[PDB]
Colleague: 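Just passing along the structure, written as structure tokens.
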Amino acid sequence: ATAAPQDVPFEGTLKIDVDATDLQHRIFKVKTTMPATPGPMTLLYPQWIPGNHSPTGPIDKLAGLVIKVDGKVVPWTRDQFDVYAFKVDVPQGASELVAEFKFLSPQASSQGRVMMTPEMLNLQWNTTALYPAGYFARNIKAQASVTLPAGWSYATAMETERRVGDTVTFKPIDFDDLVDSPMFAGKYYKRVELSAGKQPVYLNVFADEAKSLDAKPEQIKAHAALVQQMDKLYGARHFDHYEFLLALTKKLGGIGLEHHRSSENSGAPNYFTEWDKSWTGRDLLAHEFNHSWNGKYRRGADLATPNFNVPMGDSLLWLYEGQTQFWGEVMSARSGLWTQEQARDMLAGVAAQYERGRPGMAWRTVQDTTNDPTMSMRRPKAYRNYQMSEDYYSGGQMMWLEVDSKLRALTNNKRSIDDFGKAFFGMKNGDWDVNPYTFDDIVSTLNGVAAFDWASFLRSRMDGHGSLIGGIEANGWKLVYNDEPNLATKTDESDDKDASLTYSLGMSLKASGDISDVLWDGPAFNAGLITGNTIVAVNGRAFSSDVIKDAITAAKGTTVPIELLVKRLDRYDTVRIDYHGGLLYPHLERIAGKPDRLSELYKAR
Amino acid sequence: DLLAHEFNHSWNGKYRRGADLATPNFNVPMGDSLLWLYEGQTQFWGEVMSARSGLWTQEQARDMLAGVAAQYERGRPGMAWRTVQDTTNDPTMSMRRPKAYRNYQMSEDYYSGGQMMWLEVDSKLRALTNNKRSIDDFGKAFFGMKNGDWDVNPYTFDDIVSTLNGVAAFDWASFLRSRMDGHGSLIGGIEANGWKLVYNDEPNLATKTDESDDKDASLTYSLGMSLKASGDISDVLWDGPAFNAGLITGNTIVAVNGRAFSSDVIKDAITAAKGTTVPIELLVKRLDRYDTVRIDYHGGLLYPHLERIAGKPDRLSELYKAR
Ligand SMILES: CC(C)C[C@H](NC(=O)[C@@H](O)[C@H](N)Cc1ccccc1)C(=O)O
Ligand SMILES: [Zn+2]
Ligand SMILES: [Zn+2]
């Protein structure tokens, strides 16, 4: 019901002034000022947010909305068929419209991710913005300011005009870049140089406590190496400068969100201080950084929408996210954020997920999972393994691994997926506007690296129900299962003594015995068990992770079922599970006769 | 009954005291042999006087007495080997430290077992005298001398006998010894004074009040155990059904016929098992292990009450009546 945005000039400047001082209530106070055009005027609250691929704009957290034209309140009417659109009537001869409101950010995780704490805050300008309908967002010149808690430091890719006391005024910027230029602020801050030169890269760290900022030299070097390895892959940087934003916290809501010249990232307080325990999540900065090339600069044409209030088409997210998931893990190994053994066991877990952990592939394609952002909005799902769940990430990753192996085979290892990366994202160094692409562009660039029917290859994997893990064998390794723990599973389990048993009993458990996941058609599923039931005892003994694992091993090769005493709501029963395969965890093993292209792929350049 | 109990001791215990208990200083041992008078008859008068004074209703006092009677009819299997007299040694033996089986080791039964004997003494005094004398006459004769005197006036066993004989001639020495040195019934005073101990599924008023608010489950006369609302067993009756399933205090009843434990859940299952041949299935936690036991108990919920014997004179109500 809101008129379509037009690629026409916007006269004047959209001023967005935010007071971010009410940490106790977690309220962002907002004033938006813009020229007022006589007649009906519709203002938009951003709905579809770039990088979320879904209508995540928190419309019901916009409160206290009062709109004044030249100082006189004008009543507003919401469009009942577009609840993000507010309509007012501007009198003839008017000059200026001011909208004031408050963004009531989450006071608990049940409302969304927390954005204010006693020590830090995360300002996402889309949550504090109203903008006129009828214009391509990039045509609206904007200028933002923020009043910070007293004395706090801040970081953002957006250039500062002046700080007066605790009020930071930024230089004017196009409105789409404003939304794409989030800010972290906090009292415990460290700025770390990752790459000097004409297109510099910095790491901005905020923490709950100052002791978490003590990054050691080798740990900083791994982040600096990430930047160096991206240069080798792409040969260009799509920014004039880049600002990593990293929150080390137990209070701010978790985040990984890419932008052209920055990314919003969260880690635990021990990101640096316990480097060897916090490794499984360290592909995060590599992942989001890669999006500066793959997602921000190059974007699918159906995803690159003209404003924030028309729907996004996610059809090509298996490139956007899929190949970024691939490069995040590859680049973690190439830079030293991960060890080679860590990256290899992680890849083994991905391969196992599609060989045995995704029975839903029998009926649903990876391509259809590009609709999961809008279908589910990351709300809880009963069977991620059977409904599927954004597999354009990891399923896409496996496809790109096979693409790499095929490029090598076609060219006697003279070309690889690195050549696609440079060809598709390496043009136009320094540009950070949007360069759209279609499916045919992907095929054409791949064909330019090595001639082959890439259109049929891509569609057969993304529209099919068959194996996605062919890149493992083609690049010289084989997926196996044994009772040796997977490094990723072990690290993810060991803090609370949880039990991941996907490939043995077909479920995962918390240390409490509560079932946290059940594999469709697996042994636990076939006993009627669901997530939320509790394993009370194993063969009569009070549950623990060691107890149930010992029982699985004890049942290997026998005919005596494992007796699980189960609590289902307010009832207790004993189920007999005839599982005798023992503990099974995925790993990769070399195929001795074939060249090891996998290790070449994961090797630093 | 607390203030009635301790007040009665001003007469029975402080003023009149057994000679072996009335020691010359605080640092030579006390002889407790006569505590079934000191505490036993005071336990008796504490409850009687609660009814006479209105601290308790008559219905409350009657259900309390029913619980005492049931305790010695069915709740004290230890009487098969231990006498009430020997429990006067429990203060020094145990110092009220925790014991596994109050019902089998016995536990200061000179209180409530003594109370039951004194009820029977009352009934016998009435029977010997065509209801012209009662235990009230022993109270006045034994403790009613020397108004205003609060020095200690010691007594021996023979003094108890002679004063009882003065109320109504009878071989009181053999009577007292037969009850305090015996292993047989102590509840004869109930029927002699016109009532009968019965059990049914109607809650005992004392048990109900003691159960309430915390949602506990006293099941002594059905499953032979008591439980907290959590399912933790708080008591087990020797040779009862729970005992015969190997259960001990501290074990936990996790489920009843598969349903998560509650006091209502286990009570409903007991009622559902009344008159059938389907055992009650209890899921039990014993330390860190779980097992299911089958209890073949089909008597239903059983709580003690007193009921009139219609043909007999109601002396019990006279005893509990305000004077
Ligand atoms: C902490 C990490 C798990 C974060 C990780 N982030 C990403 O993949 C980003 O590149 C995504 N662009 C973040 C995203 C995608 C879809 C809907 C909402 C948010 C994610 O999976 O959300
Ligand atoms: Zn991503
Ligand atoms: Zn007393």
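Simply put, chain letters go A, B, ... down the sequence lines. For chain A, we keep the numbers from the PDB entry: what you see runs 22-626, in order. Quick note: numbers on chain B are straight from the PDB entry, i.e. 304-626, in order. Order of listing sets the numbers, starting from 1, for every ligand and every atom in it. Quick note: numbers below take in every heavy atom, side chains included, and nothing from hydrogens, waters or symmetry partners. Excerpt of entry shown; contacts counted in excerpt.
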Colleague: Any chance you know which drug is at ligand 1?
Modeller: Bestatin
Colleague: What's the chief binding partner of Bestatin (ligand 1) here? Just the name from the PDB entry is fine.
Modeller: Putative glycyl aminopeptidase
Colleague: Mind listing the other chains that have a heavy atom within less than 4.0 Å of Bestatin (ligand 1)?
Modeller: A
Colleague: What residues, by chain and number, sit within 4.0 Å of Bestatin (ligand 1) when only non-hydrogen atoms are counted?
Modeller: A/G72, A/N73, A/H74, A/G277, A/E279, A/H308, A/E309, A/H312, A/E342, A/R399, A/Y414
Colleague: For Bestatin (ligand 1), which is the ligand I care about here, please tell me if A/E309 has any N or O atom under 3.5 Å from one of the ligand's N or O atoms.
Modeller: yes
Colleague: Enumerate the atoms of Bestatin (ligand 1) whose separation from the nearest heavy atom of A/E279 is less than 4.0 angstrom.
Modeller: 9 (C), 10 (O), 11 (C), 12 (N)
Colleague: Looking only at protein heavy atoms, which one is nearest to atom 21 (O) of Bestatin (ligand 1), and what is the separation?
Modeller: A/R399 NH1, 3.4 Å
Colleague: Can you see any other ligands or ions closer than 4.0 Å to Bestatin (ligand 1) in this structure?
Modeller: ligand 2 (zinc ion)
Colleague: Does an N or O from A/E411, backbone or side chain, lie closer than 3.5 Å to an N or O of Bestatin (ligand 1)?
Modeller: no
Colleague: May I ask you to check if Bestatin (ligand 1) and A/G277 share an N or O to N or O distance below 3.5 Å?
Modeller: yes
Colleague: Using a strict cut-off of 4.0 Å, indicate which atoms of Bestatin (ligand 1) neighbour a heavy atom of A/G72.
Modeller: 11 (C), 12 (N), 13 (C), 14 (C), 15 (C), 16 (C), 19 (C)
Colleague: What source species is given for chain A in the PDB entry?
Modeller: Xanthomonas campestris pv. campestris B100
Colleague: Regarding Bestatin (ligand 1), does A/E342 bring an N or O atom to under 3.5 Å of one of the ligand's N or O atoms?
Modeller: yes
Colleague: Within a distance of under 4.0 Å, is there any protein heavy atom near atom 3 (C) of Bestatin (ligand 1)?
Modeller: no
Colleague: With respect to A/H312, determine whether any N or O atom, backbone or side chain, lies less than 3.5 Å from an N or O atom of Bestatin (ligand 1).
Modeller: yes
Colleague: Is A/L305 close to Bestatin (ligand 1), meaning an N/O of one under 3.5 Å from an N/O of the other?
Modeller: no
Colleague: Using a cut-off of under 3.5 Å, which N/O atoms of Bestatin (ligand 1) pair up with protein N/O atoms, and what distance separates each pair?
Modeller:
from	atom 1	to	atom 2	distance (Å)
Bestatin (ligand 1)	6 (N)	A/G277	O	3.1
Bestatin (ligand 1)	6 (N)	A/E309	OE2	3.1
Bestatin (ligand 1)	8 (O)	A/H308	NE2	3.2
Bestatin (ligand 1)	8 (O)	A/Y414	OH	2.8
Bestatin (ligand 1)	10 (O)	A/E279	OE1	3.1
Bestatin (ligand 1)	10 (O)	A/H308	NE2	3.2
Bestatin (ligand 1)	10 (O)	A/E309	OE1	2.6
Bestatin (ligand 1)	10 (O)	A/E309	OE2	3.3
Bestatin (ligand 1)	10 (O)	A/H312	NE2	3.0
Bestatin (ligand 1)	12 (N)	A/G72	O	2.8
Bestatin (ligand 1)	12 (N)	A/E279	OE1	2.7
Bestatin (ligand 1)	12 (N)	A/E279	OE2	3.0
Bestatin (ligand 1)	12 (N)	A/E342	OE2	2.9
Bestatin (ligand 1)	21 (O)	A/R399	NH1	3.4
Bestatin (ligand 1)	22 (O)	A/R399	NH1	2.3

